[PDB]
Trainee: 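Following this message is one structure expressed as structure tokens.
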Amino acid sequence: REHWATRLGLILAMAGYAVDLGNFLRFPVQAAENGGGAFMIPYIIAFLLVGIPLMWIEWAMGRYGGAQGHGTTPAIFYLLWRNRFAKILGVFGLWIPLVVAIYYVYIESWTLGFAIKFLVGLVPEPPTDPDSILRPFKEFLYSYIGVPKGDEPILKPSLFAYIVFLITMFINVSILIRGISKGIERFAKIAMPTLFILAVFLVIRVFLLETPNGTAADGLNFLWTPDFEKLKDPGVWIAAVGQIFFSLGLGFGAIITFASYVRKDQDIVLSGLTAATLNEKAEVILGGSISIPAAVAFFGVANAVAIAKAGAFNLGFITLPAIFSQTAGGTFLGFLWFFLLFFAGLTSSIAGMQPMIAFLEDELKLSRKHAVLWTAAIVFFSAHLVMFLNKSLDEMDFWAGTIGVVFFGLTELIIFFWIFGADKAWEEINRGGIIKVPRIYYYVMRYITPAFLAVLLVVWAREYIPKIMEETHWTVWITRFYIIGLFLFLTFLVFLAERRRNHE
Ligand SMILES: CCCCCCCCO[C@@H]1O[C@H](CO)[C@@H](O)[C@H](O)[C@H]1O
Ligand SMILES: CCCCCCCCO[C@@H]1O[C@H](CO)[C@@H](O)[C@H](O)[C@H]1O
Ligand SMILES: CN(C)C[C@@H](c1ccc(O)cc1)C1(O)CCCCC1
Ligand SMILES: CN(C)C[C@@H](c1ccc(O)cc1)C1(O)CCCCC1
Ligand code: NA
Ligand code: NA
């Protein structure tokens, strides 16, 4: 079996998986809307009671499976619980990251496209008033994506956007086809320092921003001034638990697959804790110092609330580029921003396609070349739905990227810590550990952590599902039909895998 060459490479590859666009775009928006500085209270608590425990568990499940030559949940769940229902549940740990990758690589291609356009100066150049500056950039993004101008739910991506997507798929393949150590690990050792350097430069350059409407200090002020009155709202606590779960990328099955390349008696306790801490530092220190302070420095603290409510996608692809065009060398500054987002996305997408690759290698005995190429073919083909059907991305992101991940994360807990055995699971986590997991975490993993996820799943299901099922355009069924078919296809592959094993 393939293995990570160094401990540093493993940690950077794991942190690289976690650190993405959400760190620099989603977190700052969530924090500003939920108490600002006071949001750090439930954020840390969620990190201690949910994020950290579940991550140790996914590392453990991965390493345990890897020792027996299996990197994906259909096989791994069966090893933890020899039941037919376990293999089926395990399909979700293959289905979720595949479906997400189908839309994420496209989003990733946007950042490369924008990076190129900004580097060469092929960007709008306004003109005054905020709407007069934002609108040319709004249209810039809309023309790139091909946002519907009529009543049809049809996207029409520019030829440039399509070609960049092809290039982006090529780059993902180039890294993945070289394997774990010479590909993913090797890239992580280059991408993470580059990511850190670009982020620091952007933080510094943002801090120097001075406009008649305000400064960057006003931005850090608005964002970090505690509003403890919001701590009463359970939605804030739900948002904190949600943000922690999303940022660490739990319940995607990607962590499990990566951990399956960790040697049997190699540490996962400290390595896991370190990777998680890196994502958090990158999230609160770097992510919280760029987008929001810049938006406040330029538009004034008077528009800070409106900016936060506008969303993370508006902030990263419209608002920030618009502000850049109004600063000295902002064209190059825009390049660095999207270059940053691209590498952050690329380190995440190579991780997200690895489970499907690992399934074909471990269970269907495909060579790495064939496994990578076929995985890329599935992703590339399926991505045309996201590229041409409006809101297809939103539907996939809800079922797989939102509801699915919390459900699967809870499924991981129950199978590992309740079915497989809490004592066996506890030993499996701490085995080979440089440091040992504090004894208190045994009860957290067994009672507290699943309780939090259960609440999160129930609340979101009652809140969002009726809306999605009743107030959406009929075209969502196109996306639903296709991704359900993808599940059936993966279920069939699991069936072929067990029939091949019975023969050999
Ligand atoms: C779900 C993926 C399907 C999207 C494929 C859309 C391809 C768009 O192709 C369309 O072909 C037509 C000719 O038949 C042309 O008239 C249109 O201009 C062209 O855009
Ligand atoms: C998810 C599906 C995305 C829809 C793809 C949009 C393509 C719309 O394109 C349509 O293609 C038809 C070709 O059969 C032509 O008859 C129409 O003239 C053309 O507008
Ligand atoms: C779970 N949600 C809702 C967040 C995702 C998203 C997807 C679609 C969308 O319209 C907004 C956010 C997101 O993860 C996709 C791009 C990276 C930042 C946000
Ligand atoms: C840890 N994060 C945030 C990255 C993940 C992700 C998940 C959802 C999403 O909307 C964006 C990225 C991702 O790595 C999951 C597997 C498929 C590629 C993206
Ligand atoms: Na993250
Ligand atoms: Na990443």
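Chain A is numbered as in the PDB entry; the shown residues are, in order, 5-131, 135-511. Values below: all heavy atoms of this structure, side chains included; hydrogens, waters and symmetry mates excluded. Counting starts at 1 for both ligands and their atoms, in listed order.
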Trainee: I'm curious which chain is the main partner for ligand 4 in this model - what does the PDB entry call it?
Mentor: Transporter
Trainee: Which named drug shows up at ligand 4?
Mentor: desvenlafaxine
Trainee: Which neighbouring residues and nucleotides define the binding site of desvenlafaxine (ligand 4) at 4.0 Å (non-hydrogen atoms)?
Mentor: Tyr21, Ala22, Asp24, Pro101, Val104, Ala105, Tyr107, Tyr108, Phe253, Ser254, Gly256, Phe259, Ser355, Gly359, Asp404
Trainee: With a cut-off of 4.0 Å, which atoms of desvenlafaxine (ligand 4) are near a heavy atom of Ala22?
Mentor: 1 (C)
Trainee: Starting from atom 16 (C) of desvenlafaxine (ligand 4), what is the nearest protein heavy atom, named by residue and atom, and what distance separates them?
Mentor: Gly359 CA, 3.5 Å
Trainee: Got any other ligands or ions under 4.0 Å from desvenlafaxine (ligand 4)?
Mentor: ligand 3 (desvenlafaxine)
Trainee: In the protein, what heavy atom is nearest to atom 3 (C) of desvenlafaxine (ligand 4), and what distance, to one decimal place, separates them?
Mentor: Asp24 OD1, 3.3 Å
Trainee: Out of curiosity, what organism is attached to chain A in the PDB?
Mentor: Aquifex aeolicus
Trainee: Among all protein non-hydrogen atoms, which one is nearest to atom 10 (O) of desvenlafaxine (ligand 4), and what is the separation to 0.1 Å?
Mentor: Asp404 OD1, 3.3 Å
Trainee: When you measure from atom 15 (C) of desvenlafaxine (ligand 4) to every protein heavy atom, which one gives the shortest distance, and what is it?
Mentor: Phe259 CD2, 3.6 Å
Trainee: Run the numbers for me: atoms of desvenlafaxine (ligand 4), each under 4.0 Å from some heavy atom of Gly256, listed by number.
Mentor: 1 (C)
Trainee: To the nearest 0.1 Å, how far is atom 19 (C) of desvenlafaxine (ligand 4) from its closest protein heavy atom, and which atom is that?
Mentor: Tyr108 CD2, 3.6 Å
Trainee: Using a strict 4.0 Å cut-off to heavy atoms of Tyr107, name the atoms of desvenlafaxine (ligand 4) that fall inside it.
Mentor: 10 (O)
Trainee: Check each atom of desvenlafaxine (ligand 4) against the heavy atoms of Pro101 and keep those under 4.0 Å away; list them by number with element.
Mentor: 17 (C)
Trainee: For atom 5 (C) of desvenlafaxine (ligand 4), what is the closest protein heavy atom, and at what distance to 0.1 Å?
Mentor: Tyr21 CE1, 4.4 Å
Trainee: Out of all atoms in desvenlafaxine (ligand 4), which are within 4.0 Å of some heavy atom of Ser355? Include the element for each.
Mentor: 4 (C), 14 (O), 18 (C)
